[PDB]
Amino acid sequence: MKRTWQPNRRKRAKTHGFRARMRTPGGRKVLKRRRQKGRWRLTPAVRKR
Amino acid sequence: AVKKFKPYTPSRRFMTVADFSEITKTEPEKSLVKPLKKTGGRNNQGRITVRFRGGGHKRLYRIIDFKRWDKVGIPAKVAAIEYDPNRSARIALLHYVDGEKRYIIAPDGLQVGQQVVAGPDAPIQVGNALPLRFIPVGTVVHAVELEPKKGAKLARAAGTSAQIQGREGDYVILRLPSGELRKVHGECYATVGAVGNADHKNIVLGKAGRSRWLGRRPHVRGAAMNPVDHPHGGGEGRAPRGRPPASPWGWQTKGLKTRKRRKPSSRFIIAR
RNA sequence: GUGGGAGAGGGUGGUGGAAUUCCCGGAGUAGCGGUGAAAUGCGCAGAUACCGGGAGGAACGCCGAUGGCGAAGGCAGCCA
RNA sequence: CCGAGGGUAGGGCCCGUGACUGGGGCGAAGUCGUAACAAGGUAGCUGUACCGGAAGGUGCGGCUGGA
RNA sequence: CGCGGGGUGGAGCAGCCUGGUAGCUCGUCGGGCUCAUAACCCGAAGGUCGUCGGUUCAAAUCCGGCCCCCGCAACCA
RNA sequence: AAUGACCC
RNA sequence: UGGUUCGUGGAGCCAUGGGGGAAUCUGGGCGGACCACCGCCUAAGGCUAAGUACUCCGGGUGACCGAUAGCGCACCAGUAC
RNA sequence: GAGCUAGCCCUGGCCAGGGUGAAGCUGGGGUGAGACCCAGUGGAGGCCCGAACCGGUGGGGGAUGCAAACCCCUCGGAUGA
RNA sequence: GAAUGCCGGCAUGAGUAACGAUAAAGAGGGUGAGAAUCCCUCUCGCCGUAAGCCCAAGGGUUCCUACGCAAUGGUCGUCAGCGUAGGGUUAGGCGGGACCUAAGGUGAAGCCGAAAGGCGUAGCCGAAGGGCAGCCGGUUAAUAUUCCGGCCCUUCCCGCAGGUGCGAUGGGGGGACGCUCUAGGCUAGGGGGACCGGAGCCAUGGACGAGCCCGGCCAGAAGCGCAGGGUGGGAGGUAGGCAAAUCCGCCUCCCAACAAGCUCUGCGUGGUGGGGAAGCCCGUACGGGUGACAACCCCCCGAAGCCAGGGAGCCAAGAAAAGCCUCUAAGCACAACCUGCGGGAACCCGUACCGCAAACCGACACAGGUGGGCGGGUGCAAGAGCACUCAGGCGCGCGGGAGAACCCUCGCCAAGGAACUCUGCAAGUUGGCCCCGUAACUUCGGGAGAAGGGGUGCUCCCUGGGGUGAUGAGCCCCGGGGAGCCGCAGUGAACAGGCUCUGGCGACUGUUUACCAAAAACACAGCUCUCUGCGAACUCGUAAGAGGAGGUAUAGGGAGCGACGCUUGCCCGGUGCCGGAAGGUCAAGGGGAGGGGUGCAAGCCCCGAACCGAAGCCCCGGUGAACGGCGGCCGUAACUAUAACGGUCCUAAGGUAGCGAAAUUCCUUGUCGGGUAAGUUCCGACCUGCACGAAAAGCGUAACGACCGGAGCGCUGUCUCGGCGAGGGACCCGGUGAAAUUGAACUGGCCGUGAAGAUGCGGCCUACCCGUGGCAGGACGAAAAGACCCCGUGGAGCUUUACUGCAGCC
RNA sequence: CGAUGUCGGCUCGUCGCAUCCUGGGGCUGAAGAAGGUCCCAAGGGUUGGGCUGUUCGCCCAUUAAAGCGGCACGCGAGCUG
Ligand SMILES: NC[C@@H]1O[C@H](O[C@H]2[C@@H](O)[C@H](O[C@@H]3[C@@H](O)[C@H](N)C[C@H](N)[C@H]3O[C@H]3O[C@H](CO)[C@@H](O)[C@H](O)[C@H]3N)O[C@@H]2CO)[C@H](N)[C@@H](O)[C@@H]1O
Ligand SMILES: [Mg+2]
Ligand SMILES: [Mg+2]
Ligand SMILES: [Mg+2]
Ligand SMILES: [Mg+2]
Ligand SMILES: [Mg+2]
Ligand SMILES: [Mg+2]
Ligand SMILES: [Mg+2]
Ligand SMILES: [Mg+2]
Ligand SMILES: [Mg+2]
Ligand SMILES: [Mg+2]
Ligand SMILES: [Mg+2]
Ligand SMILES: [Mg+2]
Ligand SMILES: [Mg+2]
Ligand SMILES: [Mg+2]
Ligand SMILES: [Mg+2]
Ligand SMILES: [Mg+2]
Ligand SMILES: [Mg+2]
Ligand SMILES: [Mg+2]
Ligand SMILES: [Mg+2]
Ligand SMILES: [Mg+2]
Ligand SMILES: [Mg+2]
Ligand SMILES: [Mg+2]
Ligand SMILES: [Mg+2]
Ligand SMILES: [Mg+2]
Ligand SMILES: [Mg+2]
Ligand SMILES: [Mg+2]
Ligand SMILES: [Mg+2]
Ligand SMILES: [Mg+2]
Ligand SMILES: [Mg+2]
Ligand SMILES: [Mg+2]
Ligand SMILES: [Mg+2]
Ligand SMILES: [Mg+2]
Ligand SMILES: [Mg+2]
Ligand SMILES: [Mg+2]
Ligand SMILES: [Mg+2]
Ligand SMILES: [Mg+2]
Ligand SMILES: [Mg+2]
Ligand SMILES: [Mg+2]
Ligand SMILES: [Mg+2]
Ligand SMILES: [Mg+2]
Ligand SMILES: [Mg+2]
Ligand SMILES: [Mg+2]
Ligand SMILES: [Mg+2]
Ligand SMILES: [Mg+2]
Ligand SMILES: [Mg+2]
Ligand SMILES: [Mg+2]
Ligand SMILES: [Mg+2]
Ligand SMILES: [Mg+2]
Ligand SMILES: [Mg+2]
Ligand SMILES: [Mg+2]
Ligand SMILES: [Mg+2]
Ligand SMILES: [Mg+2]
Ligand SMILES: [Mg+2]
Ligand SMILES: [Mg+2]
Ligand SMILES: [Mg+2]
Ligand SMILES: [Mg+2]
Ligand SMILES: [Mg+2]
Ligand SMILES: [Mg+2]
Ligand SMILES: [Mg+2]
Ligand SMILES: [Mg+2]
Ligand SMILES: [Mg+2]
Ligand SMILES: [Mg+2]
Ligand SMILES: [Mg+2]
Ligand SMILES: [Mg+2]
Ligand SMILES: [Mg+2]
Ligand SMILES: [Mg+2]
Ligand SMILES: [Mg+2]
Ligand SMILES: [Mg+2]
Ligand SMILES: [Mg+2]
Ligand SMILES: [Mg+2]
Ligand SMILES: [Mg+2]
Ligand SMILES: [Mg+2]
Ligand SMILES: [Mg+2]
Ligand SMILES: [Mg+2]
Ligand SMILES: [Mg+2]
Ligand SMILES: [Mg+2]
Ligand SMILES: [Mg+2]
Ligand SMILES: [Mg+2]
Ligand SMILES: [Mg+2]
Ligand SMILES: [Mg+2]
Ligand SMILES: [Mg+2]
Ligand SMILES: [Mg+2]
Ligand SMILES: [Mg+2]
Ligand SMILES: [Mg+2]
Ligand SMILES: [Mg+2]
Ligand SMILES: [Mg+2]
Ligand SMILES: [Mg+2]
Ligand SMILES: [Mg+2]
Ligand SMILES: [Mg+2]
Ligand SMILES: [Mg+2]
Ligand SMILES: [Mg+2]
Ligand SMILES: [Mg+2]
Ligand SMILES: [Mg+2]
Ligand SMILES: [Mg+2]
Ligand SMILES: [Mg+2]
Ligand SMILES: [Mg+2]
Ligand SMILES: [Mg+2]
Ligand SMILES: [Mg+2]
Ligand SMILES: [Mg+2]
Ligand SMILES: [Mg+2]
Ligand SMILES: [Mg+2]
Ligand SMILES: [Mg+2]
Ligand SMILES: [Mg+2]
Ligand SMILES: [Mg+2]
Ligand SMILES: [Mg+2]
Ligand SMILES: [Mg+2]
Ligand SMILES: [Mg+2]
Ligand SMILES: [Mg+2]
Ligand SMILES: [Mg+2]
Ligand SMILES: [Mg+2]
Ligand SMILES: [Mg+2]
Ligand SMILES: [Mg+2]
Ligand SMILES: [Mg+2]
Ligand SMILES: [Mg+2]
Ligand SMILES: [Mg+2]
Ligand SMILES: [Mg+2]
Ligand SMILES: [Mg+2]
Ligand SMILES: [Mg+2]
Ligand SMILES: [Mg+2]
Ligand SMILES: [Mg+2]
Ligand SMILES: [Mg+2]
Ligand SMILES: [Mg+2]
Ligand SMILES: [Mg+2]
Ligand SMILES: [Mg+2]
Ligand SMILES: [Mg+2]
Ligand SMILES: [Mg+2]
Ligand SMILES: [Mg+2]
Ligand SMILES: [Mg+2]
Ligand SMILES: [Mg+2]
Ligand SMILES: [Mg+2]
Ligand SMILES: [Mg+2]
Ligand SMILES: [Mg+2]
Ligand SMILES: [Mg+2]
Ligand SMILES: [Mg+2]
Ligand SMILES: [Mg+2]
Ligand SMILES: [Mg+2]
Ligand SMILES: [Mg+2]
Ligand SMILES: [Mg+2]
Ligand SMILES: [Mg+2]
Ligand SMILES: [Mg+2]
Ligand SMILES: [Mg+2]
Ligand SMILES: [Mg+2]
Ligand SMILES: [Mg+2]
């Protein structure tokens, strides 16, 4: 059947990107938490040009 | 007149379509004056706030003239009468000698080629606009302003009118389509005649689809729902209500008057 | 054919007054309606009776006849 | 080839019969009421419409086969 | 089986809970009006209060046991 | 303000 | 209405959203309703070290662990997945 | 978190081939004028049969499966909500 | 030592189930330490509106080559999408960005919000939409509309040359639009050819032949030709287009009425350039040479594509902005702008490979999911259907035997034909086309493919229409008539309704429980009630704001009913809602009669009665397509029976019409009648309706239904009642090799006993040790800390005239 | 109750006897034939259909007869639903 993962580079970027997270206090805290944690990747790596 | 069909299909046996014979050879509209992009959307910034809206034909807005006092004294020739997707009435395309082209909402009896004009001057004829004062008591009228210089707001639906009843210092009394008795300021413009396309009420949609074409989504009964959804939801195999009939939001829907009492508008109203 | 005559003959548009009812203002009380007699009903929350204003529908008094017109059914305020 | 007839399929008309049901005719002395005939005690009769155990009543227009 | 309501002249009903008096309508009977019947009018008669037990000075009435009558309930399996 | 068993 | 031990209590004091609304030392607030006396303070502007808290970081010590323990990680771990 | 799912908004795309033949137009006919009636044309429809496509009706299989919804046969819709 | 404990290791089932579509394999030759599995060849089978090819998304090195096989591959592996290394992705014209605007996002001004933040005209961002200049070939092991070749374009900048009032983010024009059906002419694409070109080939009985086989194309500027799209020309007046205007608009006169003329597209043709089969010979994993000086011509079919902004009809009435044309303003008119011609300049990012899939989404080389374009030939009425088949690509990464049960998928059957069963569930019958022929009923459309029939191949003869062609041959479409041949059989294969009668429900097409319910549920047109005068009601939000609506009573919200036909009675006592400037009660507040505490007093401070005080409630009314409700007991007719009639109690009123043992009837298989040999079902009635009933509508209704009930015909393996055959497993051999479960086990029957159903205790009885194929009766067999039931002062969802609050309204 | 799947049918059976049939017998108000009724006896047999989910039952056509009951209302790691 159709599963739940339907990859889209634009969606992933607009949805979970560094700039989206930065836009709101909710998201800014996510970066803070991930930084303090020592996460190698703050936001998902969306590729291609 | 109303177009009628034979039952060559079920739902074609009741279906019924407007007569478009008053639609003069001018079916597609007029750029310049109108159209605008019209912005379909069944809801506010976010959430739906009027249920069951959506779908249905794309539209172009015809930006019509609801304040006729710009062109006081300037007459215009009625050039055409065309279909307007965004109202029950039809619209008149008129050419002002000025050059300017406006649309007026098209009254009953309006003929193409006719002369029409607005102002204190203005022969009392179908199509003309006047401040309510100079209009003879008892004449039927439409596109009436509520307060002066604020635009036509009463009687624009197809086949509607108001009748002038009498006067009272600065106000003339109106009898509105609903039957209400209203004091409306003398200085309010209103155009003589009834609205026309009066056979609009006689049309039978005929099937579900037609409803959808006009963007009317299926309306579901409270009875059909559940207690979470509606006061009428549940219980077992059908149910008669079990309380005084209500809206989904709990207010009673048979009888409960809802106009706020202390409206300052009150001292200008005399009926139902 | 020419020239005239009477008529509530028909269709359409417009318009007048008397009256009933309802609304509004005034003034005004203790009952009004109704019948064979009553009761139901309306009325001290201001009724009936009276005056002023308004809305609205319907039917046209006197003329009027035991009259006129129409093929009948039927046709009656006035104007075109 | 046609062809009596037999077979299959579907219609048309007519006759008989059927639980039950509708009213009708007729049958000396059962029931309820009073509708009509005298202004029949609400003039009657009438087409239509509604209502009522029943005659019948009432609305609307009509007739003299009533004053 | 459970529950709670009910049996009163010839008919249909009151009267009980706040115990001592049984009342309404119809019907029955006698008389009158009428030629007669009905309607109407005047008089009159009529009730072991389902049974059994006692509580009381006294039970239609209060309390128990049965008997017919009516209504409700009998669910999860 | 109703009614008058049947036949002659 | 909040704060204080104070939950409407005899309910003050301190703060304040609403209404009313003064005084300049013979002026004002407080000492638990209130009034008298006796006292204590000077509201409606502001700043002000030190003693105090904490431990990302450096050092020291351990009747603290010794790789299923000790931090999730003694090992390129907030990694792989 | 609406990259699954539900709805709506903007902008695009797709729907083989067959049937049936509404209005309208045209001609003839009828009448005082009509209504209407015949042809012919015309090509309407939440119309029909049937692929794609969208479904999921009945049965059988599958049941530590090919598959945490699958497979075969059969079936509904398919210019429209 | 136990916690269905936590982490790890190893066991048992077990050499067991399986090894992922039943499209299918065989052999010969290579390489190699090692071949069913790798390379090559020959034969076979499968796909072919794909299982072929081209894009987009996603993936991200998987592409190519060399060396390799521990692991990964469900077996093997010399192979690989795997390990190691190296190579490979070339653009002014393709796509995206130095262009535009859509929803939406962001957001100056401005508005709002305890803070965080929420809005918001302009602007900006935002694209499979608009705008925009490249076609055909050749080359690499791997890239090409990118490199190269040929032919053809576009922008800027600087020059010269010739024109003109030039000149904006500003005015106007244009861009610019739906659905369905469509004409003319073209192109794509395909069929035929005695014509042209070509290596070759006569087989096995015959054929040296208009014999077989193969191929007869592509691009192409100007200029032409053929189609077709766009569009009137003048002159005045002018107040509108938010300054101006010569532009547009409006008005008035003249000339066209036409595509005549300007243009602008498409298609043919074109200077020229390119390609160019079979077969044959080779050595590649693959391509190379020759065939060739290849030929490159004539007919026919023909689009859904092109001319495109074409045409007609219809109602539901069909984006925006830029580019582009024109108009002028500030300015400037040595500027500037247009046209021609030269020279110069032309950046950034993507480009590999997979792409219906072993490289994307599904933990897997997973039988599932994935948008767009091309998708040839023959026939079958047509087609993207079906059968075979080009091109191309596959034989699905375990094999070999065997020929038991049993299972799956499949084929047939005597006689009988639903006797099967909850049910004809399943399976059969039926089946395409042409032609006859069709009932009740009906809303006049329908029912209808009703039902029921007949025709269907091939040959020869005659004969009628069209299309392309000149009015003709041919080639291509539709027909008609007459003889005649063969088989059991002519839509000889594949694709392709079983039918009827009669009820229930819902009118109907539609929708729904993604993953057990597709329905009689939901929706639906239509009906009624009610709210709402417009800063509407209502909804969302604390607000701003927004929806409703750029709407205005023929409109908008809420409610029920649910096409349509005939209808929808009575009760307003209770509850709700609506209407009542009386009255009763009614809080803060006003008012203070009067009383209290302290003061020597002035005073200061407390309570506090009249009386004045809203909504709400009470009270008076109305209102049923508002919540709702719509009775009992006795008696009575000249056979009985029954009761039109009567009495009496109670209610707010006592159920009308029409239905009725029903999706509703307990007693109940009610009782009659019908179908049957026989009928708790079904149909028609009766009415004693436990417990129908009129918009939670009542009674009906043509048509409709993968809904639900009853019947009959047809046909059948459903059955009597089985039998045989087929293939895939099962079985045996080689390779790989799990699982839940598992206190330990040396794990028999009976009758007893035991916590009341024992392999384990008693007595007896039986029984050599161990496996393999099978069947499931037992191990109270596995699986899930029972769903039901109770329990817990456990938890949730829901309701209300439960309590208490809150939003909201007054 | 850290689960003993619960009606009916089907399939396969097996057992009790308080025997439906067949065999043996006593009494009969047993003439014969056919019955009644009791005792001995289970070795074998114990039909096919209509209706209902039905168990049961009622019918239809038969028969020598159309037996009653147990086996977790025998039997779902055997089927159905
Ligand atoms: N009579 C003919 C028609 O039927 C009806 O008449 C029939 C009945 O109504 C009528 O019944 C009458 C009754 O009305 C009258 N008041 C009393 C009388 N005893 C009855 O009489 C009836 O019954 C008796 C016995 O049963 C018979 O013997 C007698 O013949 C018969 N007529 O008897 C008639 C049967 O013959 C209509 N009323 C009449 O007008 C109509 O025309
Ligand atoms: Mg919002
Ligand atoms: Mg938002
Ligand atoms: Mg609805
Ligand atoms: Mg529901
Ligand atoms: Mg609720
Ligand atoms: Mg119910
Ligand atoms: Mg109820
Ligand atoms: Mg309810
Ligand atoms: Mg008055
Ligand atoms: Mg008959
Ligand atoms: Mg009389
Ligand atoms: Mg009379
Ligand atoms: Mg009379
Ligand atoms: Mg009458
Ligand atoms: Mg009456
Ligand atoms: Mg007497
Ligand atoms: Mg339960
Ligand atoms: Mg009598
Ligand atoms: Mg006699
Ligand atoms: Mg406090
Ligand atoms: Mg406090
Ligand atoms: Mg307290
Ligand atoms: Mg304050
Ligand atoms: Mg203070
Ligand atoms: Mg103080
Ligand atoms: Mg102090
Ligand atoms: Mg003190
Ligand atoms: Mg102090
Ligand atoms: Mg200070
Ligand atoms: Mg230690
Ligand atoms: Mg550790
Ligand atoms: Mg160690
Ligand atoms: Mg650790
Ligand atoms: Mg979505
Ligand atoms: Mg026609
Ligand atoms: Mg259709
Ligand atoms: Mg179809
Ligand atoms: Mg396609
Ligand atoms: Mg199954
Ligand atoms: Mg299908
Ligand atoms: Mg222990
Ligand atoms: Mg473990
Ligand atoms: Mg085993
Ligand atoms: Mg085995
Ligand atoms: Mg095996
Ligand atoms: Mg495989
Ligand atoms: Mg094939
Ligand atoms: Mg790699
Ligand atoms: Mg490779
Ligand atoms: Mg190699
Ligand atoms: Mg291997
Ligand atoms: Mg590699
Ligand atoms: Mg940009
Ligand atoms: Mg914002
Ligand atoms: Mg922009
Ligand atoms: Mg584009
Ligand atoms: Mg481009
Ligand atoms: Mg390549
Ligand atoms: Mg080039
Ligand atoms: Mg210029
Ligand atoms: Mg512009
Ligand atoms: Mg030979
Ligand atoms: Mg050819
Ligand atoms: Mg201007
Ligand atoms: Mg050419
Ligand atoms: Mg060549
Ligand atoms: Mg067009
Ligand atoms: Mg712009
Ligand atoms: Mg740059
Ligand atoms: Mg590339
Ligand atoms: Mg490529
Ligand atoms: Mg594809
Ligand atoms: Mg796959
Ligand atoms: Mg995959
Ligand atoms: Mg594989
Ligand atoms: Mg797809
Ligand atoms: Mg094709
Ligand atoms: Mg063909
Ligand atoms: Mg076909
Ligand atoms: Mg196919
Ligand atoms: Mg057979
Ligand atoms: Mg046979
Ligand atoms: Mg048969
Ligand atoms: Mg049967
Ligand atoms: Mg059976
Ligand atoms: Mg059946
Ligand atoms: Mg079937
Ligand atoms: Mg049926
Ligand atoms: Mg039916
Ligand atoms: Mg339906
Ligand atoms: Mg679905
Ligand atoms: Mg489901
Ligand atoms: Mg369905
Ligand atoms: Mg289903
Ligand atoms: Mg209706
Ligand atoms: Mg708004
Ligand atoms: Mg709007
Ligand atoms: Mg509405
Ligand atoms: Mg309903
Ligand atoms: Mg009603
Ligand atoms: Mg009521
Ligand atoms: Mg009421
Ligand atoms: Mg009342
Ligand atoms: Mg009120
Ligand atoms: Mg007070
Ligand atoms: Mg006070
Ligand atoms: Mg009050
Ligand atoms: Mg019945
Ligand atoms: Mg029967
Ligand atoms: Mg029978
Ligand atoms: Mg019946
Ligand atoms: Mg019932
Ligand atoms: Mg009902
Ligand atoms: Mg109702
Ligand atoms: Mg209904
Ligand atoms: Mg359907
Ligand atoms: Mg269905
Ligand atoms: Mg079989
Ligand atoms: Mg077999
Ligand atoms: Mg086999
Ligand atoms: Mg093996
Ligand atoms: Mg042993
Ligand atoms: Mg035992
Ligand atoms: Mg032992
Ligand atoms: Mg033992
Ligand atoms: Mg074994
Ligand atoms: Mg077992
Ligand atoms: Mg087994
Ligand atoms: Mg077991
Ligand atoms: Mg438990
Ligand atoms: Mg408790
Ligand atoms: Mg248990
Ligand atoms: Mg256990
Ligand atoms: Mg178990
Ligand atoms: Mg025995
Ligand atoms: Mg014997
Ligand atoms: Mg036996
Ligand atoms: Mg049955
Ligand atoms: Mg047995
Ligand atoms: Mg039992
Ligand atoms: Mg049983
Ligand atoms: Mg059992
Ligand atoms: Mg079931």
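Order of the sequence lines fixes the chain letters, A, B, ..., with proteins taken first and strands second; residue numbering starts at 1 for each chain. Only a selected region of the deposited structure appears here, and contacts were counted within that region alone. Counting convention: from 1, in listed order, for ligands and their atoms alike.
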Note to self: Help me out - what's the drug at ligand 1 named?
What the structure shows: paromomycin
**Message:** Just trying to sort out this structure - which chain has the greatest number of contacts to paromomycin, name per the PDB entry?
**Reply:** 16S rRNA
- Which other chains have a heavy atom within 4.0 Å (strictly less) of paromomycin? D
Check: If the model gives a covalent tether from paromomycin to a chain, what residue and atom sit at the other end?
Finding: none
